[PDB]
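Opening notes on golcadomide bound to Protein cereblon.
Order of the sequence lines sets the chain letters (A, B, ...), proteins ahead of strands, with each chain counted from 1. Only this structure's heavy atoms are used, side chains among them; waters, hydrogens and symmetry mates stay out. Counting convention: from 1, in listed order, for ligands and their atoms alike.
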Amino acid sequence: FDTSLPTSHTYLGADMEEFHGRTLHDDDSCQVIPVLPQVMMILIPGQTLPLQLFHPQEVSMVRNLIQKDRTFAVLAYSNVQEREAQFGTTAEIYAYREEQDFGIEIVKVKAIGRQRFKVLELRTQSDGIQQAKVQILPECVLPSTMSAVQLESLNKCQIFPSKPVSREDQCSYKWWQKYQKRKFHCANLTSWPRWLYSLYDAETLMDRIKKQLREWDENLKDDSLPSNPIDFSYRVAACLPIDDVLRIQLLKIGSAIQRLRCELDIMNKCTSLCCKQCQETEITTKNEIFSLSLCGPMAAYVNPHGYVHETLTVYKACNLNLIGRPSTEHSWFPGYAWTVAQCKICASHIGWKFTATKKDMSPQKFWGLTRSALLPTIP
Amino acid sequence: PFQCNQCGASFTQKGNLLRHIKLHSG
Ligand SMILES: O=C1CC[C@H](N2C(=O)c3cccc(NCc4ccc(CN5CC(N6CCOCC6)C5)cc4F)c3C2=O)C(=O)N1
Ligand SMILES: [Zn+2]
Ligand SMILES: [Zn+2]
């Protein structure tokens, strides 16, 4: 089906009281922001997080947070648990509603990462929620590499014409070569060639990543993937399956160009996926992962008991056993059901099988694999 | 009869559930 339904989380609720999001701090700051417990994942800025909180204390914290500035900390827990965190992301709330249900206090929340911080101290409060003294990392952008030695005479020959049509044979290599030769004409003053300066270019890395991502979807260049280097880098980082340590490493990166180069390197050096209790599995084909969502291959989704199963959508997978009828109670994708897919050796839960219901769609397949137990076994 | 959590499975005997819930931990 379309790609705009798996981004509003209609399984959670329909009548969400939304808010216009304007809440930003200014670089160097010492601000105390609340930390929601029982959440353990790395949140890239710009990524949506759906929360369904049941415990009375967390509900009260969210109720107080809505009235004040709607922001809370999502600490990027390292390999060590028990508050052993050093970095994290601030999440702004824009969706919120309560449902008495079988009378407890249920609150459903949707929030997106906004800024990046490093923690200084983690003062705990006797109420059950812990605050966090955090310093906010600035979003620094470096100037153009040619601007340092750009010739004064050669400044008008820098505004290139827009992209003609899109993704046509001989419409990329022919134009990109001319762009490289014209923009980096001052490279001959220095002792480095033009292609080396093209390696550290802003738009060039964007287009290489776009070319290597077009194997996943058909999104138009003029939209979808944002033109902003920062937004593009974060969006690309939030939609790739590798281990947490590399998410923390990518989050630590300060400049957009360094992050873009790191994303290209990892994207070239990743080949397979594997179970995280076993030796091998068949999902090894990383080429067959398709984005049936506007948010990319992956997004964050919440089950009926609050647990946030981040899910990777794949078209084929083996070494999994399917148990149960195709139930569709709390389906994340409205048209399909789920049938809980286990592992074939270690008997560990890995994703679901989204069987279909109608004719003119994918009658089967579309497996959604959870990130928790996928080990990117790149040889 | 039985239901599970975090994953959604179902088994027939209580002893089987005790095995399942431990596999989730490790
Ligand atoms: O695509 C998918 C697949 C993955 C996912 N997934 C699970 O991981 C799961 C676990 C258990 C049951 C189950 N099946 C649907 C279902 C839906 C609702 C309820 C009722 N609950 C009790 C009520 N709350 C009570 C207070 O606090 C507790 C909650 C809410 C049970 C139930 F079962 C699911 C379920 O579908 C999902 O959501 N989507
Ligand atoms: Zn396994
Ligand atoms: Zn289970």
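In the structure shown, the parts corresponding to golcadomide are ligand 1.
Other chains with one or more heavy atoms under 4.0 Å from any atom of golcadomide: A, B. Looking at the UniProt (S)-thalidomide-binding residues of chain A, I find a heavy atom under 4.0 Å from golcadomide for A/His330, A/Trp332, A/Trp338. Per the deposited entry, no covalent link of golcadomide reaches a chain.
Counting residues of chain A in contact with golcadomide, the top UniProt domain is cult. The deposit gives chain B the name DNA-binding protein Ikaros. The shell of residues around golcadomide (heavy atoms under 4.0 Å) is A/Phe54, A/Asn303, A/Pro304, A/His305, A/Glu329, A/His330, A/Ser331, A/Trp332, A/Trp338, A/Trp352, A/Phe354, B/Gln3, B/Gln6, B/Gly8.
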